[PDB]
Participant: 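For discussion: a PDB structure holding epacadostat.
In this chain, residues are counted from 1 in sequence order. These numbers come from the heavy atoms of this one structure, side chains and all, not from hydrogens, waters or symmetry mates. Just follow the structure's listing: the first ligand is 1, and inside any ligand the first atom is 1.
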Amino acid sequence: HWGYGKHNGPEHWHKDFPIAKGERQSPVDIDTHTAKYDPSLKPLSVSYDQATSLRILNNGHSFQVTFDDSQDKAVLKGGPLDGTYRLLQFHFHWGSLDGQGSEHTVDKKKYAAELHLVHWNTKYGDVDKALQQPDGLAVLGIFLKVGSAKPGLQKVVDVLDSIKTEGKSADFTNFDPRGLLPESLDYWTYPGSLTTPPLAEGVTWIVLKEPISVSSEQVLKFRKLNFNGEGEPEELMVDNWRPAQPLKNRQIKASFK
Ligand SMILES: NS(=O)(=O)NCCNc1nonc1/C(=N/O)Nc1ccc(F)c(Br)c1
Ligand SMILES: [Zn+2]
């Protein structure tokens, strides 16, 4: 029922999900001049060498690549995090034009797209329990700008023609998510929420400072996806982003000066 259109988009979500107007909603604008460098923050540990990707799915909102999270194979540790967070899936948000598509903004700047790598805290045993905890989830957010092609994204782009419509899935084994990371792990962090229903307020956000570059041809292939199911009127999957939400009583911390 929820989506990104005039009649079902972000301004409507609070009716089914009242936490949409909560105290720790995401995304937010990252004001680089009010974010506090926190020298007590540790380096982030991204340990993706043993990652086991499974499937790629058009879920009617985005496309997602799912991972085996039955063991510590692809984990995030350190930075602002206590303990070990397992990678469950990644997905993207993107625009109809190159000047919009990101959910987070940086000094009000919107990027062409944003990659979200979703992780859950292993002390809660499964993602369904983790979703109910204020420290249950950690999302690593990476901005996309249009420039040079990202070679590590091409295997994703090339399969999207096989998952054009809602509910379509395909095998997507042996994908290495290390190929989606920028050089630097410098980040901003703040407590927030999922940016899609159910908008659960259990996410530690880690947003990397350095965007990755993707080619115009790569992002054009995202924009050929459909929100609709096979047989329904064709509605291009574009502008599947939630805008910035009130910061309220929150501090954004930076890992870098
Ligand atoms: N745009 S965002 O903030 O990164 N949204 C991510 C939303 N997806 C998920 N968050 O955390 N588990 C997620 C996910 N991926 O397949 N499955 C999932 C599993 C169980 C549940 F009860 C719910 Br609700 C979602
Ligand atoms: Zn997301």
Participant: In what form does the model contain epacadostat: which ligands or which chains?
Facilitator: ligand 1
Participant: Okay, contact question: for epacadostat, which chain racks up the most heavy-atom pairs under 4.5 Å? Name from the PDB entry, please.
Facilitator: human carbonic anhydrase IX mimic
Participant: For atom 2 (S) of epacadostat, state which one of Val65, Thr195, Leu199 supplies the nearest heavy atom.
Facilitator: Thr195
Participant: Yes or no: does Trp205 have any heavy atom under 4.0 Å from an atom of epacadostat?
Facilitator: yes
Participant: Quick check on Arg242 - does any of its heavy atoms sit under 4.0 Å from an atom of epacadostat?
Facilitator: no
Participant: May I ask you to check whether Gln89 has an N/O atom sitting below 3.5 Å from an N/O atom of epacadostat?
Facilitator: yes
Participant: So if I count the atoms of epacadostat from 1 in the order they appear, which ones are less than 4.0 Å from some heavy atom of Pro198?
Facilitator: 24 (Br)
Participant: What residues contact epacadostat if the heavy-atom distance limit is 4.0 Å?
Facilitator: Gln64, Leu88, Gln89, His91, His93, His116, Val118, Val127, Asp128, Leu131, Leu194, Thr195, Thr196, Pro198, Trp205
